Amino acid sequence: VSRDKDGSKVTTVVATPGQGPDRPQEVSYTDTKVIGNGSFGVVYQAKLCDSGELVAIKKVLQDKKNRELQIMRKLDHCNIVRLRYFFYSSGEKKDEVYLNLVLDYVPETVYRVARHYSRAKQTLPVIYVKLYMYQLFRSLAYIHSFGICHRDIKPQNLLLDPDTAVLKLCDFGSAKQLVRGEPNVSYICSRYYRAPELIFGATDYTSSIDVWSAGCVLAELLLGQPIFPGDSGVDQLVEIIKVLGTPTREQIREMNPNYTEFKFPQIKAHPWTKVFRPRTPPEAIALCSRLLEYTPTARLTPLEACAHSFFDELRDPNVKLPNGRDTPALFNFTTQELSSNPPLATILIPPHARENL
Ligand SMILES: O=C(O)c1ccc2c(c1)nc(Nc1cccc(Cl)c1)c1ccncc12
Ligand SMILES: [Y+3]
Ligand SMILES: [Y+3]
């Protein structure tokens, strides 16, 4: 609204703070550069003039309540990107308004970190896989406690600080609160991480679609490549049958009950130990088998995933990041996270850090 020039170009905007009271404040940012394009809009990078901290501004068009804003405003979690401020500007289309979302700036993503190891034909050390997965499940347990389904869980949406090993879930644009009765669109997630019940056209799906997507990211981090690389919507199901086998009539009823059960070419389930490279940690395979499951209700909950034996290293008091630093926050659990499965609190929070209530 007010482009000044002190350093070279300072934009000063009355941006409402996201988390907290609707006390509109004046916020100055500089170093404005484009860091992403698309149909959603544009994402800029910037540096706040007051604090000097780095931020990312996501600019989208709005008309007449925006779901992404209402969700970003309600969420506050260490493993979720924070909506620092939001404000309404103009731009690429005159006569139209633009919602700007000022968010935490994170330098890297799980996708880019994994692509580095994949290009070198090397596998990501499991301590990274444990850390990134555990944090993703905490962010999933938090948002699911409010009934919010992310519906776009992919490695490109797992912001990452490679020095602190902190993971931030981002891109809540496709997210939605799921209520028991109301139907929801079935063509939603990113294909590589789409749940089978979504391919089967289920409109009564639950948050289990996110846990499936996470299992696809666990397998992708253990394999070096996507486990279900579907050419299209029909291939995607074919890719799942190559590993999980043909779904059982019961399973097809759990995925989409409205779906007319048919006699499918019964393919056998390829054993899980053979899908992964030799000497892949057995607990990593055991968890993936409990997340990539046809029956949505049989998939683990995000808190149950966190309590799996695969993550026991993260609960070792002597655990440290390989760069020397100590691990990021892993047991700063809030009652809301632990709301479902309360007794896991004494399992998730190890003895060496029971001060977390
Ligand atoms: O959508 C959010 O919630 C959201 C929230 C934060 C970031 C973001 C998207 N996208 C980023 N980068 C990015 C990289 C490539 C393409 C595009 Cl479109 C965006 C990014 C970078 C650094 N810090 C925070 C973010
Ligand atoms: Y999206
Ligand atoms: Y194919």
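Throughout, residue positions are numbered sequentially from 1 according to the sequence presented. Below, all heavy atoms of this structure are taken into account, side chains as well, without hydrogens, waters or symmetry copies. In each ligand, atom 1 is the first atom listed, and ligand 1 is the first ligand listed.
The compound at ligand 1, a drug or drug candidate, is named silmitasertib.
Here, the main chain in contact with silmitasertib is recorded in UniProt as Glycogen synthase kinase-3 beta. Most residues of chain A touching silmitasertib map to the UniProt domain Protein kinase.
Binding site of silmitasertib at 4.0 Å (heavy atoms): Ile35, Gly36, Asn37, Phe40, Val43, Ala56, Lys58, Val81, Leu103, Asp104, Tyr105, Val106, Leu159, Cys170, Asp171.
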